[PDB]
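Structure follows of afegostat associated with Glycoside hydrolase family 65 central catalytic.
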Amino acid sequence: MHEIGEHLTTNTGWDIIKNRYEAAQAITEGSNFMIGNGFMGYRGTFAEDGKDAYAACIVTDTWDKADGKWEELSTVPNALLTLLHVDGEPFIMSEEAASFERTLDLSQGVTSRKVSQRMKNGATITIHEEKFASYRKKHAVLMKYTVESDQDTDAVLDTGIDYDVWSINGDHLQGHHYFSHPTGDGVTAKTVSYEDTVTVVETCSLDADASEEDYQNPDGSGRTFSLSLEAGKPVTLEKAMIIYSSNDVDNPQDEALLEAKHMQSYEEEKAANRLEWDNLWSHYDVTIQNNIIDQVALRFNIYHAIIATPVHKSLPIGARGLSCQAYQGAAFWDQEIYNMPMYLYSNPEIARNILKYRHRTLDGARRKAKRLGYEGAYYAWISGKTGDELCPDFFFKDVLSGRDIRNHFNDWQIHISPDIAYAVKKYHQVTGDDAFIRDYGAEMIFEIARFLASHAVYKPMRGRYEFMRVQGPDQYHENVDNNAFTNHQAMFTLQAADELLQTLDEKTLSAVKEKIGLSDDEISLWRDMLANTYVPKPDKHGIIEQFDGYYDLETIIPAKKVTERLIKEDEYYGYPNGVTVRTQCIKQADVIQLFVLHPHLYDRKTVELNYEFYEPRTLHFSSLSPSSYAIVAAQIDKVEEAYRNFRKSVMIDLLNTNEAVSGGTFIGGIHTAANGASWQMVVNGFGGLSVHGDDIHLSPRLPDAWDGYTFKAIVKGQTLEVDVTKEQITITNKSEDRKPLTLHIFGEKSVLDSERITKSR
Amino acid sequence: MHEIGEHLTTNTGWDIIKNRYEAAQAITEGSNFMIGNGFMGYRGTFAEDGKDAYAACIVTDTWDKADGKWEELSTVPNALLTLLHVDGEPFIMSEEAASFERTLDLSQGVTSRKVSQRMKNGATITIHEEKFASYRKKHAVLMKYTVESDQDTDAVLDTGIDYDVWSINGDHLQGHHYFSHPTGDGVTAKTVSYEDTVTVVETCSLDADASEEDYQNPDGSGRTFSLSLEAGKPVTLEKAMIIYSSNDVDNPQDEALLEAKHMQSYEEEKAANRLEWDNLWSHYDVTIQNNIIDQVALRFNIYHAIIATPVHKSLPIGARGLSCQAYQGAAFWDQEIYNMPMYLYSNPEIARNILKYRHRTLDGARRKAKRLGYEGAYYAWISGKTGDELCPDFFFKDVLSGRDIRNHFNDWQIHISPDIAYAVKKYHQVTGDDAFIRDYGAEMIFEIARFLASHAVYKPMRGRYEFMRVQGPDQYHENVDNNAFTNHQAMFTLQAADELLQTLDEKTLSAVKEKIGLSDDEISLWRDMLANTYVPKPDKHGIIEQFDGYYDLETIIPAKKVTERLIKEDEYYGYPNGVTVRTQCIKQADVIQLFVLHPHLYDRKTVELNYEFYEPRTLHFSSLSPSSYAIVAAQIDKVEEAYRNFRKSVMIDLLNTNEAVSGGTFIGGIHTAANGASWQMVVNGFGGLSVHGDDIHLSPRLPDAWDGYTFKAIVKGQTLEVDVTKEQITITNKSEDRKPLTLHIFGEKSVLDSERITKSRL
Ligand SMILES: OC[C@H]1CNC[C@@H](O)[C@@H]1O
Ligand SMILES: [Ca+2]
Ligand SMILES: [Ca+2]
C-alpha cells in the first residue's frame, strides 16, 4: 500500500517518495529528505539550489559564535552546486513540471530526484540526481547527476563550490582561499570566533566532451561545461564534496586532498556505503507487521536518529541533529532520555560513548555550577564541545514589544544533571558494565549528587530539604518549587550515589573520592537528604502535583483553548507572561515523564489517574510530548490512545505538523528526540520492555492497526529477539553463548533457560 | 511671602491659596484641598460638583469588594451638593471668571472657595463657601455656603444628597432607602460584599425667606429653595453631612439622627473644631524660621498626615489616606516606617495605638503566613480591617498588551513583618513603655521572628542561613536574594526576640510562650540564625550590595536615562520585563533605607560612600524616596543636597509632581508616607534626633535656606523643645515633672537636668 499523506508515498516500506514539487515546503523537505552520517548533514535540496532554497551542509565540531550570542555549527561551502542552462534558459523547478518525483531511500541514506520539464526551445529535459553522505568515508558526500534531452540542443552545465550559503546566525567562515587540484576546486577558510580551519574539496568528473572554462570570484568557484546534447544521449556528472577542519586533524587541507586522491567511483563509494547501512539496520530495524505506513514512518525516524549521531569522535547528538543550525548541534537532556535508549539496547557501546561524552565535558558542568554559586556538576542545558553552557540568557523575544525576555532554561532547569546520572545508572543496570562505572560513572554520579546537595534548601521548621525555584520538563512554568519530576530524579541520583558508596571496592572508592575531594561531611549530608527530602507523592485523588501551587493555577480543558488568548501566533507561550503562565496548561509530559523513567515506582491505578488528570491539560506543543504520553497510555490499558500518540510522534516531520518559529527564534529542523523516541514507543511502550532490578520486564500490548511487531534488545550481553502478535509473545535468545535469564511477563516470572519461550497475549 | 508655585500662594504660612480655577487639575486640587478628621475624607471640591469633578466622601471602616478584585473603602452619598440658578441659568465655574480663589486653612482644616461671575441677565453673583470635617464630631462634615447678587433677581438654590458618586472599583453601596426628618433628608444603604449598613444624614438651614419644594429620585433627593435675591443682601445656607455605618455603632440610622438633632450652628461647630486644631497643632507644629514657603509646605504635609490618621477606632492609616479610594484606605509598611515617627515623638499614645492595630490584626498575619506555607506572622502587604491580605496577585497590567502581570508585592515583599517588629522595639526604646511589651509587643515580635525562621533557608554546604526570593523596598526588583535591608531587618528582629527571652519576667514570658505555643526548638533555631545568617556587609569599596548579583546588572547613571527605552510612558517599570529589571536603576531608597532605620549601625564614611554610589542609581519614582535620601544626606555633611530632597518631598502634592496612573492602575491621591516623612526630615534628619539604647542623640544641621527651626520631641516621658539657629542649640525641658536625661550632641556628653541649656552649634 502506499499513501502516507500529503502527496507522500512508500513503495517498499524502505523509501519515502514525494511526487509533487512545492516551493513553499522547501525547508521541511530539505530536512525530511536530507542525508548524513554523524559527521555532517547535507539538506535534501536539488543540485541547483543555494541559500534561497535553504541548501546547507552542516558540519560537526565547527562551532562558531560570529553574532556574539548564538554558538552554533558552521555551514560550509557547497561543492555540489550544479546549474543547467538549455539554449541559455535556466533549468528551474516549476510546480507545473511535466514530471517530478523525489525519493529518500531509508535503506541506505540515498536521496534522489527524477524530473522532466519542457524548455522554451521545445526540448524536454530530464534530470536524474542522487546523493549520499558516505557512512564509510565520513568526510565525503557524493553526487551522481544525469541530464538528458529529447532534442538536440545547446546546453551549459555549470558546477562548482558556492561560498554564499545559508547561515542562521551570521556567516561563520571568513578569508576564503581558492585553490585547484587535478580533479577540481578547493577552498580553505577560517572560522570567525576561534579561527579554526575549514577546507572543502570538490571533485568533478564529466563523461562527455565539452568546452570547459574555470572561474573564481568572491562568492564561489567552478567551471562551465558547454555542450550540445544529442537527443536521447545522457550526460553524467559525478562529484564528491569532502570536508575537514582543524578540529578533526592537524592539516585539514592536505587530509582533504589526500581523501580526494583515494576516492573511488560513485558506484564503488555507494556500494561501500550500502554495506555500512546493511550493518546499521541489522542493529536497529524494528518491524511492524501489516502496516506499511507505520513501518516506513518508524524507519524514517530511526534513520534520522542515526545520521544525527556522531560516532567518529566524542561529540553531542544535536536536538535538531545536523539538519540545519537550529539548536546549535548540541546535546540537550533529549540526548540521554530520548536518544540513548535505542543504542543502550541495540548497540550498547554507543550508549557508553554518549555517557563518555558527558564524562569528557564534566569540567564544563563544573564551571557552570561554580559560576552560579553551586558545587559539583550542573550540566549545561545546551552542551557543545566542552560542556560550557551554550544556552543564552535571552533565548526568545516578547514579539508584542520587541524586547528580549529572560527565560531560565540555562540556570533553573536543573533536572539535566540527575537526568544524566539516571542514564549512567540505567546504562549499568542494563549492560552490567562495572568498568564503566569504576572509571567514569561513579565520578559523574558523585559530582551530580554534590550539585543536588548544593542546590537544595533545608527548611528547619519543616525538617526537610526542598528544591526551590526550578523549571521542570514543562518548559512553560519557571520559578516553581518541588517539581515532582526533579525531586524524584534528585532522589534517584542520591540513592545511586549511596549504593555506589556501599557497593564499590575500596580502591575504586578511594581513587574517586580523592579525585573530586569527596568528604565524609558531604556523604552524611547526602544520606540525611536521602531520608529527609520532600518528594511530591500521590494525594487523596491519587494525583501527583506537578509543582507546589500547580493546583492553584487556572484549569483550562482542553488545554488548547488557551490559544484563544494569544495576540500574535508566534508569541512565546511561557514565562514570564505568556498565556499559559497562570494556567495549568503544560507544554509536554512532566509528571507523566516521571512514569516513563521509573515505570515500576507507582501502581498502575495511580499512573492511570495521573494520565487522566494531566493529558487534557497538556498542549503537546513540544515534539517530545506525544511519545511520552504514548509510552504510558500503552501500559495502562489505553492502547488505542497510545497508538494515536504514536501516530502523532512519528509524523511530526513527515507531515510537517509543528511550527518553525517562536518568540522570534527559529526552532525548526528535524526533531531528533522524537526521532529517537519512535523506537522506544514500540519497544518500551507497546512492548513494555524495562529493566527493574536485575529483573527484566515485558508487557506486550498491540494496537488494532498492527498484526505484530518484532524487535531486538540486548540485556547484560544477551541479545533477545521479541516477537509479538495478537495472541502471543515469543522471546528468543540469539547470543553466541546463552546464559539463562528470568523474565517478568505481565508481572509473572518465567525462566528463559533454553533458547526460546512462547506465552499467550 | 506669597509664591509656592503654579498659581499658589501663602499669606500667613498657615494657608494655601490658589487663584486660578483649573478644570484639568481636578484630581490634584480635590486631594490637596481636602478636609478630614481620620474618620472620613471629603475632597476639596465645590458644592455644585459631582462624579465628573471627582467629588467624593471616603469613609473609614466601609471596606467593600464589589468588583471581585479590589477591596477598598466606600464613597458615600454626598449630602452637600448645591446648585445655584439665577433667573433660570445654572451657575457653573468658567476658567475665565471675574475672580476666583480657593484657600485651604491648615490651622483648622477649613477649605474654602470665593468666586464671582457675571450671569446672562447681567447679575454678578458671588459665592463664598467653606467646609470642615469636624474634629470634635467625627461623623460630621459641615458647610457654609453664601450667595450674593449685585442685582435683584430670581434665583434657585437646589440642595440635597447625591447618590451617584465617584467610585474607582465599582458601586459599593446598594438598596439606597430614602427617608425624611425635620431638618432635611437621609439615605440608608447596604454595602455589596459584607452587607454593612451605611447611613448619611443631611441637615440643612437657610437664613432667607424662600419657597421650598422636596424631590426624591433614584439618583438622590433634595429641595429647591426659590428666592428673590436683593442687590447686596447675602443669603446663607448651612449644612451638615453625617455618616455612620454598622461597623461603628449597632444602629447607624438612629445614631446619625441623634447627631443631627444635637448639631449646633455652623459657627459653633467651627469654634469647637478650631479648639481641637489648637490642641493638634500644639502637639505637631514644627517652626521654620524666615522661610514661609518651607514653613507652609511642612504644615501642609503634617496637616495631611493628621487628617489621614484614625484616632476614633483601631483602624489603619491609609497610604493615600482618605483622599480617594487609591491604595484601599489601608496600612502599608508606610504606616510604621513613614507615619509613626511623628506620633512616637509628639503624641506616643497614637504610636502605641498604631502598634495595637498591628497586634489586633495578628490573626490576619497568621492566616497569610499559613496560606503561603509559612508559620507565625506574615503581615499583609495591604492591611484593612482584619489583617488579611488585600493586595491582589495582579496589581498592574502590561499596557503594551492589556494582559495582567503578576507582581509579588503580596507574597515576596517580606520586610513588612520585621519592619513592624522594628517599630515595636523603637517604640519600646523611646517611651520605656514596658507594659505594652509585656501585653502586646512581645507576642508580635515572637510571631514575626517565627515567620522569618520559616521563611529562611539553610544552605548546608555554605553552613549559613539566607533569605531567598524576596522583594526589597526598591519595588522594581523581584525574586532577589539576600536583600541587605531585609536580612538586616530580620537580624534586628531575631535580636529583639532574644533580648525579650532574656529580660522579661518569668510570669509574662510563660503566658506569651504558652499563648503562641513557642517551643524551645524554635528558640535555639533563632539563636542559631543569629550567629549564622548571611548578612550583606560593606565590601572592599565600602559598598553594601543591595541584593545578590545587583552588581552584575546594567549601570545606568543617571538612572533616569533608562526611561528612553519606554515604549509607552505609563508602562510599569519593574517586574517582570520592565525597563529597570536588568539594570541597577532602583525605584527608591533600599540600602539607604537601612541607614534611615539604623543610623548608628555603620560609620559615617561607609554611609557616605553608599550614598554616593546609590543616589545616582535612584529614579526616586516613589514618593517614599526623597525623604529617605534627605535624612541620610543631612547627617553625612550633604546638607544642601538634603535640603533639595526636602524640597522635592514636601512639594510632591502641592506642585503635583507625580503621575496618578501606572500600568493601568490608579495610584494617585495624597501621598501619606511623604506627608509623615516631612516631619522626620526636619526632626530626625536636619535635627539628627535619635535614640540609641538609653542614649538620646542630636546633631543639628541647618540648611542655608532657613534661619532656624524649632520642634518638640518626647523621650521617655520628657517633653523637649529643641531650637536651632545658625550658632546655637537650645534645649528646654517642658515637662510637668522633669527627670534628668543624658543627651549626646554631635556625639558628646551633656546631662540635661534643669529647665534649659544652650550649647554652641559651631
Ligand atoms: O505607598 C505604599 C507603597 C507604594 N509602593 C512602594 C512601597 O514602598 C509603598 O509602601
Ligand atoms: Ca488530548
Ligand atoms: Ca540625583
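Chain letters run A, B, ... following the sequence lines, proteins first and then strands; every chain starts at 1. Atoms within a ligand are numbered from 1 in the order they appear, just like the ligands themselves. Because only heavy atoms are used, hydrogens play no part in the values below, and waters and symmetry mates are left out as well, while side chains stay in.
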State which chains or ligands correspond to afegostat. ligand 1
In this structure, which other chains have a heavy atom at a distance under 4.0 Å from afegostat? B
Okay, next thing: residues with a heavy atom within 4.0 Å of afegostat - which are they? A319(B), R320(B), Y327(B), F332(B), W333(B), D334(B), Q475(B), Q588(B), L624(B)
Proximal atoms of afegostat relative to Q475(B) (non-hydrogen, under 4.0 Å): 6 (C), 7 (C), 8 (O)
Within-cut-off N or O pair, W333(B) and afegostat, under 3.5 Å: yes
I'm comparing afegostat with the native glycerol site: which UniProt-listed binding residues in chain B have a heavy atom within 4.0 Å of it? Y327(B)
What protein heavy atom lies closest to atom 4 (C) of afegostat? Include the residue and the distance to one decimal. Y327(B) OH, 3.6 Å
Numbered atoms of afegostat (with element) below 4.0 Å of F332(B), judged on heavy atoms: 2 (C), 3 (C), 10 (O)
Examine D334(B) against afegostat and note whether any of their N/O atoms are separated by less than 3.5 Å. yes
I'd like to check which afegostat atoms, numbered from 1 as shown, lie under 4.0 Å from a non-hydrogen atom of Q588(B). 6 (C), 8 (O)
Which substrate-binding residues annotated in UniProt for chain B have heavy atoms under 4.0 Å from afegostat? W333(B), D334(B), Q588(B)
Output block, N or O contacts of afegostat, threshold 3.5 Å exclusive:
residue, atom, partner, partner atom, Å
afegostat, 1 (O), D334(B), OD2, 2.8
afegostat, 8 (O), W333(B), NE1, 2.9
afegostat, 8 (O), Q475(B), NE2, 3.4
afegostat, 8 (O), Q588(B), NE2, 3.0
afegostat, 10 (O), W333(B), NE1, 2.8
afegostat, 10 (O), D334(B), OD1, 2.3

